[PDB]
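I have placed the structure first, in the form of structure tokens, so that the comments after it can refer back to it.
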Amino acid sequence: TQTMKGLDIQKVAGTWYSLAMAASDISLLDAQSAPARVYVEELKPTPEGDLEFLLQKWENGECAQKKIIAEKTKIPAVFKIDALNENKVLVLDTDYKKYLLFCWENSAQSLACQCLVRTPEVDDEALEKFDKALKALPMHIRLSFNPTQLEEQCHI
Amino acid sequence: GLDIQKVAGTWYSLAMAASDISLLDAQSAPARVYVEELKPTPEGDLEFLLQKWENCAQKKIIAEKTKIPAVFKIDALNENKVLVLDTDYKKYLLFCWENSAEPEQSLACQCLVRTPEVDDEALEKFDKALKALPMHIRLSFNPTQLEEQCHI
Ligand SMILES: CNCCCN1c2ccccc2CCc2ccccc21
Ligand SMILES: CNCCCN1c2ccccc2CCc2ccccc21
Ligand SMILES: CNCCCN1c2ccccc2CCc2ccccc21
Ligand SMILES: [Cl-]
Ligand SMILES: [Cl-]
């Protein structure tokens, strides 16, 4: 999987909306509580060059919040979220002001990718770039949300 | 010009899409149904032999001919319709279930193939057909899932 060249995480700070999601395996996304069914609410880069994700997930009939620190690696668009080097975040592309494409990758190989947007509206341009970035990846499920869903906890 | 006699026989559900996530987001979901066989009737109706995951249950639904070619009605209330979008008879068939009952119209589309193998050409024609439709969930199966019927 190829990641963005020249990513500056200081420009991705702020609140985001998970507009669309895709995964390598149906069971990663299909259920409300599926493992990769996570909604990005905020990106917070640190001065050290780590990227904190504020996530929401449906768990046991409620929306739960989770913070995940993705630690910098030698690749500016590749972040590690465990000490075993099994789980990574890959930033595929961003224009900073409208959309950001990224993937969770597990090489224990499982992949779950998202199209984030800055404003809770459908962005057909961001959706086209998402589909173009996924073309070479072995996705078996895609989901997309409406503007009403983007503004509710856990996209209810 | 759809020829229902040539779509007869064995099929496999390769991919599925729907207008609403909750139509396809579980094995239990209402549109999560796998086509096993199409049987044309002498009167020009199309019987769909389906399997649905419960707790694999078989279901037969008769799609009756209408005055519009490749459009079939399932009920007498004209609420549920089957649309045949495209086929080459020998490899793939694309179709959509539609329900136009209140308050919002539901749509659920499938790509069927003749053999339990992934067909990138059929999946590309399905993807192209879905581009103009307001789908919010799409799924494709691997050859293992193709052979194991309702079990994925
Ligand atoms: C398989 N690892 C944990 C399962 C969920 N997970 C995924 C899913 C697909 C690919 C990679 C990952 C990595 C970790 C992660 C982080 C946040 C949400 C889901 C996931
Ligand atoms: C492996 N590439 C499949 C391409 C088409 N495909 C997509 C597209 C984007 C994201 C996920 C998927 C997987 C399932 C699917 C189902 C139906 C039509 C297209 C697609
Ligand atoms: C609303 N009908 C409930 C059963 C699900 N169903 C769907 C789903 C979405 C859109 C249309 C339809 C038409 C009827 C039908 C027939 C066979 C399987 C599922 C469905
Ligand atoms: Cl770089
Ligand atoms: Cl989708």
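The sequence lines fix the lettering, A, B, ..., with proteins before strands; numbering per chain opens at 1. Counting starts at 1 for both ligands and their atoms, following the listed order. Below, all heavy atoms of this structure are taken into account, side chains as well, without hydrogens, waters or symmetry copies.
In this structure, the drug modeled at ligand 1 is desipramine. Looking only at contacts, the largest set of contacts to desipramine (ligand 1) comes from what the PDB entry names Beta-lactoglobulin. Within the structure, the other chains placing a heavy atom under 4.0 Å from desipramine (ligand 1) are, by letter, A. The shell of residues around desipramine (ligand 1) (heavy atoms under 4.0 Å) is A/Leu28, A/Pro35, A/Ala36, A/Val38, A/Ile81, A/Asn87, A/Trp104, A/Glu105, A/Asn106, A/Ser110, A/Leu111, A/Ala112. Counting the atoms of desipramine (ligand 1) from 1 in the order shown, those under 4.0 Å from a heavy atom of A/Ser110 are 10 (C). Ranking protein heavy atoms by distance to atom 12 (C) of desipramine (ligand 1), first place goes to A/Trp104 CB, 3.6 Å. Residue A/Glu105 has at least one heavy-atom neighbour below 4.0 Å for each of these atoms of desipramine (ligand 1): 11 (C). In terms of protein heavy-atom proximity, atom 4 (C) of desipramine (ligand 1) is closest to A/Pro35 CB, 4.1 Å. Counting protein heavy atoms under 4.0 angstrom from atom 6 (N) of desipramine (ligand 1) gives zero. Inside a 4.0 Å radius of atom 10 (C) of desipramine (ligand 1) there is at least one protein heavy atom. Here the protein heavy atom with the shortest distance to atom 13 (C) of desipramine (ligand 1) is A/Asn87 OD1, 3.1 Å.
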